[PDB]
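Below is one structure, written out as structure tokens, with a few remarks after it.
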Amino acid sequence: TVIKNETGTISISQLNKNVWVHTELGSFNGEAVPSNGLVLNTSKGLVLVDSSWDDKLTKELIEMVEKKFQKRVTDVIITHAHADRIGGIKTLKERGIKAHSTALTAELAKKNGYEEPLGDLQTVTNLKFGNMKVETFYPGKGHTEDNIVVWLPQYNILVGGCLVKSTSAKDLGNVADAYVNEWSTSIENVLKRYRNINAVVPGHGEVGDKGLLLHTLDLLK
Ligand SMILES: C[C@H](CS)C(=O)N1CCC[C@H]1C(=O)O
Ligand SMILES: [Zn+2]
Ligand SMILES: [Zn+2]
């Protein structure tokens, strides 16, 4: 099941009964650039993994999911301090939506002029929202110094975020903020921690499996 807004700039795609991928198009130099996160439909509200490029898109994403699922967005996990992830932080804060992050992500957000998420996540943090279990894991530096992954142990779904490249990505993209001698080790740390993975959601591009991790390793050669 895929559901879209009018222009198609926001889309939600169902992985299972309570887990959807959200995808938004940002516009840069005339080019549409998609970005993915997660929508978790829990008994106590909606939880997102990541916001979107800006506040306009974040507001519309929130409004779409609250209407559809008939409950409020209560929490967002921000997986690094780039605009695709954190661009909607003003909206989250003013609506009273909790914005979780590592301390480092919050430190980088502040340095770069964004409002700050909570800085509450550790190297491993286990959260529960209603019956939905969520683990966050900092595997080390890669796409950025601060990138984290999110694991849903009830589904063995990994949100790789922008640490993990989709099959369609043929290069590493912008590496200004990346750690290209460490990114492989960080990917290996993910593979070590999660030895049995169903889906892997990359930050940009199509959902895949463990193969996306191996693809990212190959791109780093
Ligand atoms: C703006 C995002 C932040 S993760 C980005 O760097 N992307 C998005 C797609 C690839 C890569 C790039 O521009 O090189
Ligand atoms: Zn990024
Ligand atoms: Zn990204």
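Residue numbering for chain A follows the PDB entry; the residues present correspond to positions 37-257, in that order. All values below were derived from every heavy atom in this structure, side-chain atoms included, with hydrogens, water molecules and symmetry-related copies excluded. Just so you know, ligand 1 is whichever comes first in the structure, and atom 1 is the first atom listed for that ligand.
Per UniProt, the macromolecule in most contact with ligand 1 is Metallo-beta-lactamase type 2.
The compound at ligand 1 is the drug or drug candidate L-captopril.
The parts of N210 lying near L-captopril are both backbone and side chain, judged by heavy-atom distances below 4.0 Å. Atom 3 (C) of L-captopril has as its closest protein heavy atom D120 OD1, 3.3 Å. In chain A, the residues that UniProt lists as binding Zn(2+) and that have a heavy atom under 4.0 Å from L-captopril are these: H116, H118, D120, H179, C198, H240.
Under 4.0 Å from L-captopril, there are other ligands or ions: ligand 2 (zinc ion), ligand 3 (zinc ion). Taking a distance limit of 4.0 Å, we find that atom 5 (C) of L-captopril is approached by no protein heavy atom. Near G209, the atoms of L-captopril lying under 4.0 angstrom from a non-hydrogen atom of the residue are 14 (O). In this deposit, the organism assigned to chain A is Bacillus cereus.
Neither the backbone nor the side chain of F64 comes within 4.0 Å of L-captopril, counting heavy atoms alone.
Nearest to atom 7 (N) of L-captopril among the protein's heavy atoms is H240 NE2, 4.4 Å. Result for chain A: of the UniProt substrate-binding residues, L-captopril comes within 4.0 Å (heavy atoms) of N210.
Under 4.0 angstrom from L-captopril, the non-hydrogen atoms of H179 all belong to its side chain. Using a 4.0 Å heavy-atom cut-off, the binding site of L-captopril is formed by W89, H116, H118, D120, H179, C198, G209, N210, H240.
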Taking a 3.5 Å cut-off between nitrogen or oxygen atoms, can you list every pair linking L-captopril to the protein, with distances?
from        : atom 1 : to   : atom 2 : distance (Å)
L-captopril : 14 (O) : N210 : N      : 2.7

